[PDB]
*Asks:* 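The following block contains the structure, expressed as C-alpha cells.
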Amino acid sequence: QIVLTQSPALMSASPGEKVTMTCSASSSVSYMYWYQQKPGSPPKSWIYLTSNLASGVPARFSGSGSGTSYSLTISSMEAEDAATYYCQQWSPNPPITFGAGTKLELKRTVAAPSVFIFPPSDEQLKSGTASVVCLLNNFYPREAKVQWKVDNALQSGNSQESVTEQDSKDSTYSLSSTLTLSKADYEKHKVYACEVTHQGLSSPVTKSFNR
Amino acid sequence: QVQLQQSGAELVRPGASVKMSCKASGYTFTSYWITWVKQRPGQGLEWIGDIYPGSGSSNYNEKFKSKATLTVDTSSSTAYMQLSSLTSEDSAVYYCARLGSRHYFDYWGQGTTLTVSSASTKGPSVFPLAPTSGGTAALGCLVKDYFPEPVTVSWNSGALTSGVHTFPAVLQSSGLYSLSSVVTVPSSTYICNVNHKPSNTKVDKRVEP
Ligand SMILES: C=CC[N+]1([C@H]2C[C@H]3[C@@H]4CC[C@H]5C[C@H](O)[C@@H](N6CCOCC6)C[C@]5(C)[C@H]4CC[C@]3(C)[C@H]2OC(C)=O)CCCC1
C-alpha cells in the first residue's frame, strides 16, 4: 500500500525543452516503472526496473531515482510526447501501486477564443425542453470562464461544460457550455447572453440573442 | 503478431456478476503471465491481479481478493476475469496485459468498458445548431439525453473532417449523457451522422440556418 504521489498534476512543455516529472513514494521501494498513455488507447510500457527503456521508447527518455524519489526525464520534448505518464512501484511486498499520472501538455502562445451562441432548435422546443449552447472555439490556455446570463441575471446550476483535448495541429482547446432549462422557464425570459472571460481577451466577450 | 483481444463493453445491474474475455494470439499462451488492470477516469491505474495460463496459478491484489476471480481456457487461449456483485465503484475500463520475458508488459488489450447500472439503454435525441467571432462561423449537432456511452458522430458520412470538434460527453443532472459536435467553417451541404450502438440508434440530420 505504498502511496505514489506524482507531480506536477499537469504541466506544459514546448518541443525542444527538458521535461522532468517526479514520482515520490510514501516508503522506500525496490523498483520503479513508467507507462505512457494517450487518449483512446491502452497504456504502453515506457520505463522498467527504475532505468531501462522498453521496446520502441526513444533515446530522449530516461528514468532514475531511489528510496522515496524517482523521476522520468525527456532530454528534449517532441510533439508526440504529449501524453499522461504514470509511475508504478515494485517491492517484495505484494500491492504494486501506481501514481495518479502527470498529463504532459504542449506549450504555445496565448490565444483568445472565438465565441458563438446557439438558440434552441425548433424540434427541441416541441419536446418541452430548451437548450442554449455556447461555443468557445480554439483558445489557449485551457482556463476559460463562462457566465450564462438571462435578462442580465446570472444563471447557475443549469449549465454543463465540456472541453476538447489539445489540438493535434494548433495545440488549442475548445469548450462548450450548454444551458438547459424547461420550455416554460425559457418563454418567461427574452435576452440570452453568454459571457466569456479569458487571458487572451482584454475584456470579457458577450455573444447574445433575443428569444 | 502477438495480439490480446478483449471482449465488448458491458452494462450490468449492480449486485450482479460480469465475465470478460482476453483472447490471446500470436504466441504460446501458456508461457507468459496475464495481468488485469482497472482504470477509473481520474483515479489512475489499479493492479487487480495476474494468472499464469500454463498453471492456473493466480496472484490477487488484496483489495480485489473477493471482487475479481481470474480463470484461463488453454484450448481457446483465452484468459477470463469475473467481477462479482458489482457496484458503481466497479465502473471502469479493464485492461489485460501480457508480462514479457524482459519483466515488463509488452502487449496490452484494447480494454473493456464496464458501466454498472440497472437503467436500460436510451437513444439520443439529435438536434441541429443554428449556422461570426474570429472571422469564422460555426454549426453543429446536439446529441442529447442518451445512456450508456458512447455515440459516434461523423459529418457528411465521413467526407467533412476539417474544423470538426466532437466534444466529450457530459453527465447531466438527469443521469443521461449529452455531447455536442461542432464544425467551424468561415466566409467561403452539412449533415451529421450520429450513432449510438447500445440502443441501435443510427440517426442522420441536416443542419440548415
Ligand atoms: C505481472 C506480474 C508481475 N508482478 C511483479 C513481479 C516483479 C518481479 C519479482 C521478482 C524480482 C526479482 C529481482 O529482485 C529483480 N531482478 C530480476 C533479474 O533481472 C534483474 C532484476 C526484479 C524482479 C524480476 C521483479 C520486477 C518487477 C515484477 C516483474 C512486477 O511486475 C511489474 C510490472 O511491476 C506485478 C504484480 C505482481 C507480480
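Each chain is given a letter, A onward, matching its sequence line's place in the list. Chain A residue numbers are taken from the PDB entry; in order, the displayed residues are 1-211. By the numbers in the PDB entry, the shown part of chain B spans 1-131, 136-192, 198-218. As a basis for the values below, the full set of heavy atoms in this structure was taken, side chains included, without hydrogen atoms, waters or symmetry mates. Whatever order the structure lists ligands and atoms in, that order sets their numbers, starting from 1.
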*Asks:* Help me out - what's the drug at ligand 1 named?
*Replies:* rocuronium
*Asks:* What does the PDB entry call the chain that holds rocuronium (ligand 1) with the greatest number of close contacts?
*Replies:* Fab-IP2 L chain
*Asks:* At a 4.0 Å heavy-atom threshold, what other chains are in contact with rocuronium (ligand 1)?
*Replies:* A, B
*Asks:* With heavy atoms of A:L49 as the reference, note each atom of rocuronium (ligand 1) found under 4.0 Å away.
*Replies:* 21 (C), 22 (C), 26 (C)
*Asks:* To check your reading of the model: name the closest protein heavy atom to atom 32 (C) of rocuronium (ligand 1), its residue, and the distance in Å.
*Replies:* A:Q88 NE2, 3.9 Å
*Asks:* Answer yes or no for atom 2 (C) of rocuronium (ligand 1): protein heavy atom present at a distance under 4.0 Å?
*Replies:*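 Yes; the ligand atom in question has protein heavy-atom contact below 4.0 Å.
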*Asks:* Pick whichever of A:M32, B:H103, B:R102 has a heavy atom sitting closest to atom 17 (C) of rocuronium (ligand 1).
*Replies:*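 That would be B:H103.
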*Asks:* Return the closest protein heavy atom for atom 35 (C) of rocuronium (ligand 1) as residue, atom name and distance.
*Replies:*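 In this structure, atom 35 (C) of rocuronium (ligand 1) has A:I96 CD1, 3.7 Å as its nearest protein heavy atom.
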*Asks:* Starting from atom 26 (C) of rocuronium (ligand 1), what is the nearest protein heavy atom, named by residue and atom, and what distance separates them?
*Replies:*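 Going atom by atom, the protein heavy atom closest to atom 26 (C) of rocuronium (ligand 1) ends up being A:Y33 OH, 3.7 Å.
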*Asks:* Taking only heavy atoms of B:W47 into account, list the atoms of rocuronium (ligand 1) that are under 4.0 Å away from them.
*Replies:* 36 (C), 37 (C)
*Asks:* What name does the PDB entry of this structure use for chain B?
*Replies:*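 Per the entry: Fab-IP2 H chain.
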*Asks:* What does the entry say about the source organism of chain A?
*Replies:* Mus musculus
*Asks:* Do me a favour and list the nearest non-hydrogen protein atom to atom 13 (C) of rocuronium (ligand 1) with residue, atom name and distance?
*Replies:*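 That would be A:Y31 CE1, 4.5 Å.
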*Asks:* Of the protein's non-hydrogen atoms, which lies at the shortest distance from atom 12 (C) of rocuronium (ligand 1), and what is that distance?
*Replies:*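 Looking at atom 12 (C) of rocuronium (ligand 1), the protein heavy atom closest to it is A:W90 CH2, 4.7 Å.
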*Asks:* Specify the protein heavy atom at minimum distance from atom 33 (C) of rocuronium (ligand 1): its residue, its atom name, and the distance to 0.1 Å.
*Replies:* B:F105 CE1, 3.5 Å
*Asks:* Which residues make up the contact shell of rocuronium (ligand 1) at 4.0 Å, heavy atoms only?
*Replies:*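 Counting heavy atoms, the site comprises A:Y31, A:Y33, A:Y35, A:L49, A:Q88, A:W90, A:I96, B:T35, B:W47, B:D50, B:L99, B:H103, B:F105.
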